[PDB]
Every structure is written in C-alpha cells, then in structure tokens.
A.B. asks: 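I have a PDB entry of lumiracoxib bound to Prostaglandin G/H synthase 2; a few questions follow.
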There are 2 protein chains.
Amino acid sequence: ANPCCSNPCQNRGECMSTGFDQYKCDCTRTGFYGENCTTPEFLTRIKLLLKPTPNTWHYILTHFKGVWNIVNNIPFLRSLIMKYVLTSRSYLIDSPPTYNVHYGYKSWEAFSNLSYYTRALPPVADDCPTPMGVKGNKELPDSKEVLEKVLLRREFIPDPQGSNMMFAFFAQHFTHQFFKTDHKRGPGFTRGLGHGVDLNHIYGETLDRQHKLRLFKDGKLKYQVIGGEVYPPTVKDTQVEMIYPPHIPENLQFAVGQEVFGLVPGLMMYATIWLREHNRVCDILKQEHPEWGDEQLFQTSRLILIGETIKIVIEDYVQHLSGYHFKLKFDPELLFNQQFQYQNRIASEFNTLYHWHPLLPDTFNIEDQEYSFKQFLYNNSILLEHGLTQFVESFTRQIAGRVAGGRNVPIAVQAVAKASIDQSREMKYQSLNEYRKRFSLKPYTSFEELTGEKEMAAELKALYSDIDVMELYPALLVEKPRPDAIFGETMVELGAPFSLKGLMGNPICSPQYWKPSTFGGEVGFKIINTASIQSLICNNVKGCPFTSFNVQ
Amino acid sequence: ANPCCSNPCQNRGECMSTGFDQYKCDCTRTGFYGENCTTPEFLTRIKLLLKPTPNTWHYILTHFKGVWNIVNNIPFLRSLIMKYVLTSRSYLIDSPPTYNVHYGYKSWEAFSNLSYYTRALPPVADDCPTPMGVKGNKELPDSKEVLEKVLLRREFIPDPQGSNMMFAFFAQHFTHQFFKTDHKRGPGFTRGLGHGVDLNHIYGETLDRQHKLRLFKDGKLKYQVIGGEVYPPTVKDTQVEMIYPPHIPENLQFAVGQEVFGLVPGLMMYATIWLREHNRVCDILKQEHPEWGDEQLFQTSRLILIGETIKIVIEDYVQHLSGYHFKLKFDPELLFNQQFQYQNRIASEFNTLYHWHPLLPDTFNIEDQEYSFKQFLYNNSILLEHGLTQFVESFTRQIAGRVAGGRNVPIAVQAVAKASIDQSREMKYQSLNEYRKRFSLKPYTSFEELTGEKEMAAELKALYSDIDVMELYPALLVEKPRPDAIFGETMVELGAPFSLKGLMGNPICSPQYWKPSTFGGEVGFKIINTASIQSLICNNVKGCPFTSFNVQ
Ligand SMILES: *[C@@H]1O[C@H](CO)[C@@H](O[C@@H]2O[C@H](CO)[C@@H](O)[C@H](O)[C@H]2NC(C)=O)[C@H](O)[C@H]1NC(C)=O
Ligand SMILES: *[C@@H]1O[C@H](CO)[C@@H](O[C@@H]2O[C@H](CO)[C@@H](O)[C@H](O)[C@H]2NC(C)=O)[C@H](O)[C@H]1NC(C)=O
Ligand SMILES: CCCCCCCCO[C@@H]1O[C@H](CO)[C@@H](O)[C@H](O)[C@H]1O
Ligand SMILES: CCCCCCCCO[C@@H]1O[C@H](CO)[C@@H](O)[C@H](O)[C@H]1O
Ligand SMILES: Cc1ccc(Nc2c(F)cccc2Cl)c(CC(=O)O)c1
Ligand SMILES: Cc1ccc(Nc2c(F)cccc2Cl)c(CC(=O)O)c1
Ligand SMILES: *[C@@H]1O[C@H](CO)[C@@H](O)[C@H](O)[C@H]1NC(C)=O
Ligand SMILES: *[C@@H]1O[C@H](CO)[C@@H](O)[C@H](O)[C@H]1NC(C)=O
Ligand SMILES: *[C@@H]1O[C@H](CO)[C@@H](O)[C@H](O)[C@H]1NC(C)=O
Ligand SMILES: *[C@@H]1O[C@H](CO)[C@@H](O)[C@H](O)[C@H]1NC(C)=O
C-alpha cells in the first residue's frame, strides 16, 4: 500500500511516494526539516516558544471586558487588532486551493473543476489498510452506535451563550448559499460554483433562474401581496423550480433563489426579509439615480446586499458566537497593506463542521404555539398565519441548543446526523488529530481530555479504541465545551480560518471594488457600512421589532 | 445623453452619473483629487517627477550590453530587477477583474461570468452621441479605407529584430489556449474558461474531450505512427470534434486539444511537438515513480508542461521580442514577499493587440518550396511530407514581417484584419489615447507623432480628423516603431501587464504549488526550471536541429 498511508509528514509537509514502499516528505517553507519535517529551524523554535495557545487567546478575548471597553474605542488599536485577526487566521487556508475528494495530490483537475468542494487535508488513499490509513481496525465503529450513545439528545441542553432561533435560521440561511451539495454526484461536490457569498440563495445560481425572479422594473425582484404583506412570488407565476411536497397549495409554493428554502418557514422568513431588503435598496438607488435603468439598479443592489451580509456576519453573527469582548470590524482597508488573496474555494471540511444539528430545538415556539418537526417542515402557512413580526419576536425569545458538550442532537434529525458521520467516512476523511495538527492544535491524548468528562469518553474508547482513530464530526459535538460557550477548541480553530477567508476573499473587499462608485455613491456605500441585523429587521419587518442573536 | 460619455475622469478615476446631465468622479486611491481627479497629491507630484518614461526604460534595457552582461551574472541583482519587472507591471491590471463588453460598471455578472473577456477600459455607452463618446463624427471612417491605405502590405517589410516563423507559429499556438472567441455569442465572449495557461489547447477545454485524447496507460496521450514518426491521433479514432474542410482525408484529420489547430500546419507542428513532450515527461515520471497509476502520471505531466510553457515564454519568447540585453528569469519565489493575486482573467483588449497579422509572410518557405496561403491552409500532408525536422529547420530560417511601422498586412488575410477593426468597434472600444492614459502613457498630440512620419500620418488625418478619435488596433500596426524594433510604445506598455499577469497569476506559481512534490520530485521539478525552446525541439524533433526565435 501507499507508503504515504501512515501520514508520516508533519507540520504541513507533503508525502510523495518514491517507490512501492518508500516515501519522501517535502518540507518546503514549513519551518521544519528532517525525514518527516520535524526538526525545527532556529527561528521556528523561537516562534514555537512565543506563540500562546488558542485557549490562551480565548481567555483574553472573553475576559478583561473593562479594558476591552477601552480598546473598542481606540480606532487605530481596534483596527490594529482586527488586522491581526484577519491575517493570522488566513494562512491556514491554501489559496489557490489544492486537494479535493478524488485527488490527494495537486492537479489541474482539482484546481480548475469548481464542482468540487476543496479539501484542507487530502483524502485517505483507497488502498490504505484502514479507513484512516494504518491505525485502528479494518472498519470504523457503527455510526448508529456512536450516534445513539454520545450524540443523540436526551434532555434539552440550552446554549450558555444564549443563542436564539434568529441565530439558528440565519446560519442555515446564510451558509446555504455556498453549502449546496450535488447529491447526484456525491457529498464532495457542490452546486455553488460561486464558492462564497454571492447571495445566489436570493438571486439564483444561474442567470436563467435570476431573470425569472426579477421584476425587470427599477431593478426589483418579483413579489406578491398577501394580507398587505410582501412575500416571495409563486412557482406558477415564475416557473423557477422549487422543492416541495406535491400536496402543497400553489399560493404557498414560494419561489426564491435557493430551491430548498421552502423546507422550513425559518428559511422562508429570511428569504422574505432579504427580498424586501433588495427592493428597498432599489428605491434608495433610484432616489439618487433617476437616470439609471433596471439592469444597473439590480446589479448595484446586489453588490450592496452582499456587503450588507458580510457586515452583519462579522459584527453581529460572528461577534455573538465568539463571545469576544473585543468589538469586531468589517473593514477591507485593513488588508490593503497585507498579502491576501481575494479568492475562495469552499472546503468539504467547512461544510462538515457546520452541521450544527444540536442547535435545533425540540419544538418550534411561535407566539403561543409549539410546533413539532413534523408540523414545521414544508409549512409556509405558519408564516402567513403569524407574519414576520410575530416570527422575529418569537424566534428572538426561543433559545437554541448547545452544539458542543455531547448528547444534544434532536432525535427527529438523527438520520441527518448519522449521514454527516457516514458521508465524512465516504469522503475518506482523515482523523480528528490529523486535522488538529493541520490547524496547529495539539493532538488529544485521551478520549477524556477530548470531553473533559468520564462517561461519554468511556463510551468512545470502547468504540474507537484509539484516540488517533477518532472521527472529526462526532468529536465536534462532544468536544469539551469551552467555558460556558457553545463550541470547543477544534470547532473554532478550524472554522474561523475557513470563514474569514470566504468573507474577505470577496471581490467587493478588494481595493478596486471597495469604493463608493461601485455601490452607487456614498449613499449606497453607507448602507453597507452601517448594516446590522437589527436594522435589517427594523427596515423590512412590520413594526420594527427589537431583534438580536441573543436572548434578553 | 449619459453624462459620462465624455470620459471626464482622469488618472483611473471612475465616472458615475448623479443625474441625467450630471457626473461624479471617484478619485479613491488614484493619487489625485478634484472634479475629474486631476489635482495631484504632494507625494504624487514627487512620483510624477521621478517616474521615467517607458521609452527611457527601453533605451537602458536595449543598450549598455556589456554592463548588462555583468548584471546577468549577479544573482541577487538579477533577482532584484526581475522582481521590479514583475511587480511594477502588475498594478496596471484589475484583480479581481472589473468590466466586460456589456457592463461599463462593476457588477457580479461581470465578475462571476467566465464566458466574458474582461475589459481594461469599460465599453462606450450605447447612448453616446459618437462611437468614441462625444468626440469625432457620428460614424467612424470606413474600415476598408483605413485597411487599404495604411495597413495593407505593399512590399514585404521584414522584422528588424529578426523574428522567424518559429516565433510566429509559437505565438499563434501559445496564445490560442486563452484566445478562443465564442463567435456564436459575440467577440466579447471566450470559450477559454481557464482564462490562462492551462494547456487546454493540448488537453482540451472539457474533461470529456480530454478523456478522448488520453491513452489511459502510463498517463500518456493518444498518438499514431506514420513513417516511423509520432503524430496526433485521428478524428475517427478518437471522435473528438475538429474543424476541417470536409474534403480532408480521414488519416489527415488529426485530433488535438484545440479544435482549430488543423488550420495551418505551423500549429499542427507545435501540437505534435507538445504532444511528444507529454509522453516524454510521463516516461521520466514513471522512471521515478513505478508505483504511480495512469491518472497521476497524466496530471503531474500536465503541471510540468504548464511550467515548461511559462518557462519558455519568459526566457525565450518574451526575451526575444523585448530585445533586452537583460536576461529574464522565470522564478515565482520573487513574488512571495510581494502583494500579488494568483488569478487572471482575459481581457478583450489583450486579444485585440495580439492580432499580429503583419507577422505573416507572403509565402511559407519549407526546405526548397514556397507555399501560398491557399496551399498552406488546412494541408497537413505538407507536414507529413517534410517532417518536423525539416519543418523546424526551415521555419527557423524564414523571417517574419514587422508588426508596427505601417502597411505590412498581407493582403490575403485582409479580411481578418478588417474584422479586428470592425470587432473592436462593435465592442465599443474607447480611443487610442484613452487606453494610453489608462496605462500611464502620454496622449499622442498628432497623427504624425504617432507614425513619426508624414504620409501615412496625413492619410490618417483625412480619415479620423482628430487624434482623440484614433482607434487602438490600427494605431498598433502603424505606430512609430522603437529603434530597429518590432513594436511601438503602446503595444509593449499595454501588452506587457496583460501577459506577465496571466503567467505569474497561475496557481503553480503560488507558494503552495511551487515545490518539488507538486511536480513529482526534483526530477520533474527540474524539467520545468531547465525548460527552453531549444531542448523542446532537441528532445522531441528527430535529429535535434538547432532552433530559436531568431534567424542566424
Ligand atoms: C468535474 O469533475 C466531475 C467528476 O469527475 C465531472 O463529472 C463527470 O463528467 C463526465 C464527463 O462526461 C461524466 O461522464 C461523468 O458522469 C461525470 N461524473 C460526475 C460524478 O459528475 C465534471 O464534468 C467535471 N467538471 C468539469 C467542468 O470538467
Ligand atoms: C454569461 O452571460 C451570457 C450573456 O449574457 C449568458 O448567455 C445567455 O444565457 C441566457 C440564459 O438562458 C440565454 O437565454 C442567452 O441566449 C445567452 N446569450 C448569449 C449571447 O450567450 C450566459 O448564460 C452567462 N453565463 C452564466 C454562467 O451565467
Ligand atoms: C495575561 C493573562 C493570560 C491568561 C491565559 C489563560 C491561561 C488559562 O487558560 C486555560 O487554558 C486551558 C488549556 O486547555 C483551558 O483548558 C482552560 O479552559 C483555560 O482557562
Ligand atoms: C542613460 C540614460 C539615457 C536616457 C535614455 C532615454 C533618452 C533617449 O530615449 C529616446 O526617448 C524617446 C522617447 O522618450 C524615443 O523617441 C527615442 O527613440 C528614445 O531613444
Ligand atoms: C464553524 C464556525 C467556526 C467559527 C465561526 N466563527 C468564528 C468564531 F466562533 C470565533 C472566531 C472567529 C470566527 Cl470567524 C463560525 C461562524 C461563521 O463564520 O459562520 C463558524
Ligand atoms: C502584446 C505584447 C506585449 C508585450 C509582450 N511581451 C513583453 C515585451 F514585448 C516587452 C516587455 C515585457 C513583455 Cl511581457 C508580448 C509577448 C507576450 O507576452 O505574449 C505581447
Ligand atoms: C518519522 O521519522 C522517524 C525518524 O526520524 C522514522 O523512524 C519514522 O518512520 C517516520 N515516520 C513516522 C510516521 O513516524
Ligand atoms: C401547518 O401549520 C398550521 C398552523 O398554521 C397547522 O394547523 C397545520 O396542521 C400544519 N400543517 C401540517 C401538515 O401539519
Ligand atoms: C474637468 O474639470 C474641469 C474643471 O476642473 C471641468 O470644467 C470639466 O468639465 C471637467 N471635464 C472635462 C472633460 O474637462
Ligand atoms: C498540399 O500540399 C501538397 C504538398 O505536399 C501539395 O502538393 C498539394 O497541392 C496541397 N494541397 C492543396 C489543396 O493545394
């Protein structure tokens, strides 16, 4: 078998075979040399001594709030820190991208083919003795066993950071513009050829789909009026394809950019909000540009809403789950004097640690009503019944589950959680420890250290036997939560590089785009730089209800 | 009507309408302020004073050969200048790309849609009074008039720099991997979705086409043996589509990556050479990696040949036409400490100024034979007759015409030259002077200054009346050539940024790719770093005839 199967190369060295039973490690620019790139250079020895731990950084950013209250009001220093936050995370990601599910080596097929999710780590070779190379048994433990024992939800474990359902459905709505798996090809394939925040979940993946959804007047998208409230148009009125149970009434078959956003009314809520936001920016742009035609009013409104998205995600969405007292900042001009690639390819592993199944409640509580999963699914009549106002007010109050910590996956979606385990195996994922070393983390030495707890850790040791054979996805949902937080170390340290790269690696953040003229002047430019989840609801949702990603 | 038709904004400022008859210029990071971005900042005033002219740079690099002979042997200094050569040219190009033929403003359609050629300058609005904006008459002069008078070839004007037919057909073969116009859509559209050097003109634009051309054993491409000589396979044996006169025998219908390379036997020569080179590198990679399968031997051989191409282009191809005594250097490690986007998008204007029609001779001289255009076109039996050896030996001897200077377009291809004039008009190109200011050149003040001569300059003034209405493409072929050179100032200053960006903006030049493991070891890695047009022929062409881009 592959002499590279054992995963010998350390510190991001690359293993190439030099015979049937021989390998060589390429230690090019890894700060290490030696057979498996383990002998550190003198400057590397220094850096290794001087960088503190992720757990060290998290403590500082989650404490000393009073001194952060000072830092948050010193522009240069605030800009200085955010500059290091952006830069230091963005060396973890290969750009241009390297591997995918079919190529454990760099190739033009891997690079050029955009139908692929890329890969932070190359897939385990198909001729390897074990599913993880050389370690463990011939076959990995039963997914159903792992699922039931340490993953499935017994009693509801609420998020200590106080995440609500506004946060839950945002994450679902937001990330599904680039998490569009091509099931007809496999789990390692995406239909999101934009590979980032293009808002195709609002406008459409293709130009053909977009023109069906557009009104072709004043740059607006088509809509319908029900009960005096603005909602998306219908599938019959537009003939864009949507995924629905064939028993759904025609007037309830809404048509939006993403074809699956009819799944849950939570997605259709944001889909309605973000649609209203488009036709609001259009009105503002026509207010300043009466000379503009429909085509330019649309394209400009799109770029603005893209910036609005990134703005909200950083200073509202990421701000919340980080639990940082340091107040984040969406500002592309911090990267202009830095080496940064304005491009991004979505990774399979980033879609993997995004399966925040524990974030889903047991019932969906709206106004004075508790809906089961069976009642909520594909039921937009719920949305028409309460309206967006009562929807936001309710979802801002209902709390979401804890992702990390173990045993919090709602049993309604058990099959989906078991699929995440199965698909990651099918895509020949490397072990948890290999992904930790990949992101400069220290390999867990025991299952107990992973959980900071004895019960589940004993369950896991009976299943996997060896800590170096533990799988990535189940480890995330059981990892010892950070203190009073929603995630563990591995979730944040792996997901943060993937996230800030897809956001800042957007063409509108590049110096040639990041300028008032691109967005229709200072008026349109302001819309982006002052964007927030509160004003997004205040502007589009009737009555302007208070909203947040946190419960009061 | 559009207030920005007059092209008011200077120094790369962007024009935006602020009313039906009102405009605003965005002077963001242009080094200028004021109404049309013309008031220079103090540091800009300094740089403007200290920045030498392009003609100043050209004289230095084309003189002091003895002192350059010293510079060429001092690695650091040699690395130092090339670093400035790469960097200083690569700020002229927008990256990520901005405009295309349909969008004179930044938009997501312009950025995401890869079917478009991008645009250095946005197209003139469709509602502008004149085809150039506001200057000139209602209609531009007759293309046939311009063509016949100053463009068409009277007596053959040989290239002073001594370009041969090896250089002419290389340029045609090389640049046609990203110059694949989608005529079904229009001149502003490309079928080259790779938008760079992907060698799809050898392997294929699509994965489907590639698999038809591969042998699927040892990573090699399919071929046939005629007269003991290796040639491309046939259309019947592979069923890849090729463009042929349906009167062509079946054994003469060769199948290569690019579907039009059956046009002239000069293209079919390199297509045969570059095919032989593939199955030569495969044998070497199998020599080092007997454990490798067909798929990896192919993908690795492609990446190497990609590097081989870039290597040859810089240090042989660009080296020649530059006429520099300074010896160029293909070395990606010069950009690692520099801000550089490893991405590229092809521009309509770059395809325009690469219509080197004057480079084409009156007859095609092989061995002791002189072929007309009518005899050469679609006649591969010429290639079988003389073989590659006699093909290279002859083409290295035959000289090519002078591009700039005026009146050197062979009349046999006059319609192609008239198409270049027409297409540029159809694509709403801005004037010559607007493209010069765009690339920091000084606007020509008279037609004579442009020609450095009186007669063509008068014929041109009778046609266009005003120098600010002169078109880009005809200006290139009549421009006052540099001292005993093939081009004028505008050709080099516009084309050099476009070229070095598409070359270095290749993923294999990125730090994560540029390492021995990517190319199968140090044996494969050296193949790239030692690549040259001489060894490319020596290795693949029988007898190893001396070859160059210059006549002896
Ligand atoms: C990207 O890769 C996928 C998978 O290798 C390609 O999809 C295959 O395309 C061939 C071409 O005809 C088909 O025969 C296969 O059935 C396809 N397989 C799957 C799983 O889709 C895809 O064509 C590639 N994309 C590009 C642009 O080359
Ligand atoms: C890129 O833009 C071109 C031109 O706008 C698109 O081509 C058009 O596509 C629509 C979609 O159905 C067709 O109805 C038109 O006939 C096409 N016109 C031309 C001239 O080709 C193309 O689809 C766009 N590409 C992408 C990926 O969106
Ligand atoms: C300037 C103040 C520096 C304090 C740094 C905090 C160091 C303690 O940080 C600790 O790191 C541990 C490592 O696993 C974690 O388990 C703990 O949760 C965390 O408190
Ligand atoms: C060592 C410094 C020598 C200065 C070299 C530049 C001066 C001569 O350069 C001249 O510049 C003109 C445009 O600028 C061109 O028309 C001439 O052909 C070119 O020779
Ligand atoms: C899987 C994951 C991991 C981390 C984050 N956000 C985040 C974080 F939680 C801490 C520090 C930085 C960032 Cl960008 C996020 C949020 C997101 O970018 O969608 C997801
Ligand atoms: C239209 C054009 C302009 C310039 C060049 N090469 C070139 C040159 F001619 C002088 C200095 C640098 C470079 Cl990269 C070339 C040759 C090429 O890179 O294909 C074409
Ligand atoms: C790592 O290097 C050591 C010696 O430095 C060698 O014995 C070993 O085989 C290498 N690989 C692994 C996976 O340990
Ligand atoms: C949809 O929601 C409504 C409440 O508005 C509920 O009465 C109905 O039963 C739901 N549909 C299904 C199929 O459960
Ligand atoms: C440039 O600015 C001047 C004043 O600074 C103004 O009169 C003129 O209209 C502007 N545009 C052009 C094309 O000159
Ligand atoms: C093709 O070239 C051959 C010379 O090898 C010549 O005899 C023949 O006439 C040419 N074909 C045509 C159609 O002119």
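All chains are named by letter (A, B, ...) in the order of the sequence lines, taking the proteins before the strands, and each is independently numbered beginning at 1. Whatever order the structure lists them in is the order used to number ligands and atoms, beginning at 1. Just so you know, these numbers use all the heavy atoms, side chains as well, and skip hydrogens, waters and symmetry mates.
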A.B. asks: Tell me where in the structure to find lumiracoxib, all copies included.
C.D. replies: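 It's found at ligands 5 and 6.
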A.B. asks: Name every other chain with any non-hydrogen atom less than 4.0 Å from lumiracoxib (ligand 5).
C.D. replies: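 Chains with a heavy atom under 4.0 Å: A.
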A.B. asks: Okay, next thing: residues with a heavy atom within 4.0 Å of lumiracoxib (ligand 5) - which are they?
C.D. replies: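 By heavy-atom distance, those would be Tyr317(A), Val318(A), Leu321(A), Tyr324(A), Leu353(A), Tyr354(A), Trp356(A), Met491(A), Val492(A), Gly495(A), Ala496(A), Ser499(A), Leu500(A).
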A.B. asks: Is lumiracoxib (ligand 5) close to any UniProt-listed heme b-binding residue of chain A, that is, with a heavy atom under 4.0 Å, and which ones?
C.D. replies: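 Short answer: no UniProt residue has a heavy atom that close.
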A.B. asks: Which residue of chain A listed as active site in UniProt is nearest to lumiracoxib (ligand 5), and what's the minimum heavy-atom distance to 1 Å?
C.D. replies: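 Measured on heavy atoms, the closest UniProt active-site residue is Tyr354(A), 2 Å.
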A.B. asks: Which UniProt substrate-binding residues in chain A pass a heavy-atom distance cut-off of 4.0 Å to lumiracoxib (ligand 5)?
C.D. replies: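 UniProt-annotated residues with a heavy atom under 4.0 Å: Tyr324(A).
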